[PDB]
Structures are given as C-alpha cells and as structure tokens.
Amino acid sequence: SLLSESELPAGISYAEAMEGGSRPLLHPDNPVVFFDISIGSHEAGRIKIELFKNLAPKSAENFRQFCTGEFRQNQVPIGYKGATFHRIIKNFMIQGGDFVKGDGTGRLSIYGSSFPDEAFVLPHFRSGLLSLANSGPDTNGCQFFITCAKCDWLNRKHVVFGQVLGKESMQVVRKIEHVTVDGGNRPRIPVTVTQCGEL
Amino acid sequence: XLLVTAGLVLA
C-alpha cells in the first residue's frame, strides 16, 4: 500500500501545504481542525491540520472528535483540550496527545481502548505530517506526532493521517520542537493545547 | 533510536 514519493497524490507537498488556508488540499471532504498552543503561559499560535479522511478515515475521525469535544465517557467529554506535548526531539518530531496520563503511557480511542492500523498509504516523507504514535502493531489510541524531518524508517509502522496547513502552523511546530528538554526529552516548560476544534 | 512509542520509549 505504501506510496513512493514519485507516486504521491496532489496536495501534500510541503510547498502546497504551506499555501494552505483552512480548507483541505488532498480531498475536498477532509476535515480541518486546529490547536491553539501555549508554551508555558504564553500563546504561541495556531496549528491548523488537515485530516486525511480519504486515506485513513478511522484515524481521522478519532482525532477529529478529540478536537471537537464530541467524544464522551459517561457523559463527560474527553479530548485534546488541555493535553500536552510530553516528548520533543529536535530534528525528529514532537509527540503529544496523552490526555489520559500526560506521560506517554495513555491509550484511549473513540472506538475503545485501541484501534487497528489502517492501510499504510503515505510515507513519513517530510516535516509537517501527522502520524499515529503506538506501542507496536494495532495499538493506536490518542497519541500522535508531528514530523520535524523526514522519518521514513517509521513507514509501515505508523499511519500518516494528516498534514499541517500554512506557514504559521509550521512556525508553531518549529517553536515547540526547539524548547529546552530534559534527558528524557520531556519539555522543561509545559507545551499545551489550550483550545482545539474544527474549521 | 528514533521511535514514537507510547509507554516504554526504546532506543
């Protein structure tokens, strides 16, 4: 299923994504969501994200509901509002979305405790892609990462299911990427999704 | 190494 770079669909090059606004580029029915990020107490800006429903519908919908507050447990919404980025590796990726525990151990999806890997269509071919964190095959939950470089060694083990849109989005990713971290790559100052939703 | 796992980060 994995596409080579020469066979990638229109709308997902870095240049194309950086020209993006608030509407999807890969397929017209893909949802666009956002995170407003705080670094410590300071507003860092907005990351807009196209979710590739056309290629990874389950993964896209899971992320979308966690952005909008539509997923509940016994009538209590849970999702990315207030979630942190707990693992940041310069020149590699930024990882977050553990709203369960805030430390990387958390796993919950809108489908249950976990959900299987969808088809591995897209490669980790550049910075600015959204991909699922996991604990091996068929263990997707709530965590994700945004690539800060090509990382094709992750291909066929993590589903690439979205892309950040526009220059501000990437600027925010770069800001997060370069914060000071401890020896375990945890930020010294918290990085939080203070608001999120659908555009 | 350079992985993205959820619980025990490996090399």
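The lettering of chains (A, B, ...) simply tracks the order of the sequence lines. Chain A is numbered as in the PDB entry, which gives 13-211 for the residues shown. Numbering of chain B is taken from the PDB entry, so the residues present carry the numbers 1-11, in order. Determined via X-ray crystallography, 1.1 Å. FYI, non-standard residues read as parent or X, and their leftover atoms are not counted in contacts. All values below come from the heavy atoms of this structure, side chains included, with hydrogens, waters and symmetry mates left out.
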*Which option, oxytocin, cyclosporin A, lanreotide, matches the molecule at chain B?*
cyclosporin A
*Determine the main partner chain of cyclosporin A (chain B) by heavy-atom contacts and give the name the PDB entry assigns.*
Peptidyl-prolyl cis-trans isomerase
*Define the binding site of cyclosporin A (chain B) with a non-hydrogen cut-off of 4.5 Å.*
A/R99, A/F104, A/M105, A/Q107, A/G116, A/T117, A/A145, A/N146, A/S147, A/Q155, A/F157, A/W165, A/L166, A/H170
*Taking heavy atoms only and a cut-off of 4.5 Å, what residues of cyclosporin A (chain B) are in contact with chain A?*
B/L2, B/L3, B/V4, B/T5, B/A6, B/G7, B/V9
